[PDB]
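Encoded as structure tokens, the structure appears first; notes follow it.
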Amino acid sequence: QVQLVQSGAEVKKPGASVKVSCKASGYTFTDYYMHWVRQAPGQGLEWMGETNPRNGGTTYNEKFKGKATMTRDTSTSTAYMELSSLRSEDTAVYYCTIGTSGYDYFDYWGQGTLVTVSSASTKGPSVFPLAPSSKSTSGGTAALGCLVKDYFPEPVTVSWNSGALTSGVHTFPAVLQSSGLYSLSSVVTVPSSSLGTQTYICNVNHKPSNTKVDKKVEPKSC
Amino acid sequence: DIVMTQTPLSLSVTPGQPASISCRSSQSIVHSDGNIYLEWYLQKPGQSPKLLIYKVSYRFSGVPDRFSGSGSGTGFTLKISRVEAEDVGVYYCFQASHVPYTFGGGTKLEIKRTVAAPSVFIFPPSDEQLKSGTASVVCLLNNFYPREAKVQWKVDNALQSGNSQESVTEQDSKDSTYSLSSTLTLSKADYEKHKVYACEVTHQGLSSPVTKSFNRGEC
Ligand SMILES: Cn1c(CNc2ccc(C(=N)N)cc2)nc2cc(C(=O)N(CCC(=O)O)c3ccccn3)ccc21
């Protein structure tokens, strides 16, 4: 039951600050050091530092000193990573992680947090159904989906029937539109025989704009 | 700082065949307690890294027998005796013997499965998008191998240019295939000037190109 739950994606302005949280549960929070790892484009993975949850003691990677500040709240069992003097190089996925066997390994990780550094404004997505029809059938199967357009920044998450539909789902990486906004598609293959009895809803979440869109996808006569 | 040099950058292996990933530290990585804290992690796109090997050669709980680790001094190796579909993603070696802890550059493992032809699907624009004055047509290329596939958008048999965007998925962890989504976007005014909306697909698995089309006004 050990879980590391990170805060949603954020967009911040150049030179400003972002505070990423890591809520721990299923273990005694003060028993294990909390680590922060950065996954930046063309940079692979980088260990930023460790935090002793008992005393707030920290050990930073020199590269992240003065830039990053690690703290924790023992009352809510939440670790925090704050980044200051934000620049394009800080646009990355940030992970919190722990080791439950001394200094042997990182066995538990958070789901990651995408921090975007931009002066541009946050824009919620436009969700359109990709209706199944005779033109989206193949060997007893029917494809359907959702077209998620004109959002900013990344990411948007897509689930189907609130996570109950995962088999045959393909959620594609976003493409960048000429305007600077993003677009993605999410598809699924289902039996073509049960389009009359099954409800297919794509659940689109965009944390920067605090948007949640549930689009029901209905069949068409192509 | 300890520099961890991972080789090769990319690998393509047929299932049931062995794979070897090498890692090289710029200096020795013996911690003050005498242990070499050298670990291997697997990361799939969108997901967090997953532990495989630790202390050079110890296999973490639940990791299959096929994964083994070895090494001495500055040279360390991850070995997968028989590669499986589920092994896809980026492998990283990592050292925690000396502060700051450092990762290798990563090695992308690709599964070398049999040629699979894509299944082609087309989607008309929705009424809700048309209301805003735009019409996006989506062509889906599902479960194909190899990754190289060509989509050509044809409107009343006329080849389109500069009005489409496409994206390919990472390799599938169950069937070792790729999927491709292409979006043709034109104004409602241009959309209503034509009948046939077609995506022509070429792939090594198809003997001749496959056309999937719909007629505007039939949906
Ligand atoms: C530096 N460090 C780490 C780093 N973690 C780590 C995990 C994995 C990896 C890796 N991936 N190889 C690399 C590093 N864990 C530590 C645990 C102790 C410890 O002795 N105590 C008791 C100390 C007291 O209070 O007397 C302790 C226990 C919980 C909280 C605070 N202190 C000391 C030092 C530690």
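Letters A, B, ... label the chains, following the sequence lines from first to last. Since chain A takes its numbers from the PDB entry, the residues it shows come out as 1-222. We number chain B the same way the PDB entry does; the residues here are 1-219, in that order. Order of listing sets the numbers, starting from 1, for every ligand and every atom in it. Excluded from the calculations below are hydrogen atoms, water molecules and symmetry mates; all remaining heavy atoms, backbone and side chain alike, are included.
Lab note: most contacts to ligand 1 come from the chain the PDB entry lists as aDabi-Fab2b heavy chain. Looking at ligand 1, the drug there is dabigatran. Lab note - other chains with heavy atoms under 4.0 Å from dabigatran (ligand 1): A, B.
Near dabigatran (ligand 1), within 4.0 Å on a heavy-atom basis, the structure shows A:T30, A:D31, A:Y33, A:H35, A:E50, A:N52, A:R54, A:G102, A:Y103, A:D104, A:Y105, A:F106, B:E39, B:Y41, B:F94, B:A96, B:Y101. Nearest protein neighbour of atom 18 (C) of dabigatran (ligand 1), counting heavy atoms only, is A:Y33 CE1, 4.1 Å. As stated in the entry, the source of chain A is Homo sapiens.
The nearest heavy-atom contact from the protein to atom 23 (C) of dabigatran (ligand 1) is A:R54 NH1, 4.5 Å. In terms of protein heavy-atom proximity, atom 10 (C) of dabigatran (ligand 1) is closest to A:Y103 O, 3.2 Å.
Closest to atom 29 (C) of dabigatran (ligand 1), if we only count protein heavy atoms, is A:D31 O, 3.0 Å.
In summary, the atoms of dabigatran (ligand 1) found under 4.0 Å from a heavy atom of A:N52, numbered by their order in the structure, are 30 (C), 31 (C), 32 (N).
Contact annotation for atom 15 (N) of dabigatran (ligand 1): protein present (non-hydrogen atoms, distance under 4.0 Å). For atom 20 (O) of dabigatran (ligand 1), no protein non-hydrogen atom is found at a distance below 4.0 Å. Close approach of dabigatran (ligand 1) to B:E39 is summarised as follows: ligand atoms under 4.0 Å from at least one heavy atom of the residue are 10 (C), 11 (N), 12 (N). Ligand-side atoms of dabigatran (ligand 1) in range of B:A96: 10 (C), 12 (N), 13 (C), range being under 4.0 angstrom from any heavy atom.
Set against the non-hydrogen atoms of A:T30, the atoms of dabigatran (ligand 1) under 4.0 Å away are 29 (C), 30 (C).
The protein heavy-atom contact nearest to atom 8 (C) of dabigatran (ligand 1) is A:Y105 O, 3.3 Å.
Note: no N/O pair closer than 3.5 Å links A:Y32 and dabigatran (ligand 1) by distance alone. The PDB entry gives chain B the name aDabi-Fab2b light chain.
Taking every non-hydrogen atom of B:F94 and a distance limit under 4.0 Å, the qualifying atoms of dabigatran (ligand 1) come out as 11 (N). Ranking protein heavy atoms by distance to atom 4 (C) of dabigatran (ligand 1), first place goes to A:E50 OE1, 3.6 Å. Near A:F106, the atoms of dabigatran (ligand 1) lying under 4.0 angstrom from a non-hydrogen atom of the residue are 8 (C), 9 (C), 11 (N). The shortest contact between atom 7 (C) of dabigatran (ligand 1) and any protein heavy atom is with A:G102 O, 3.3 Å. When only interatomic distances are considered, the shortest N/O to N/O separation between B:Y37 and dabigatran (ligand 1) does not fall below 3.5 Å.
For dabigatran (ligand 1), one of its N or O atoms has an N or O atom of A:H35 under 3.5 Å away.
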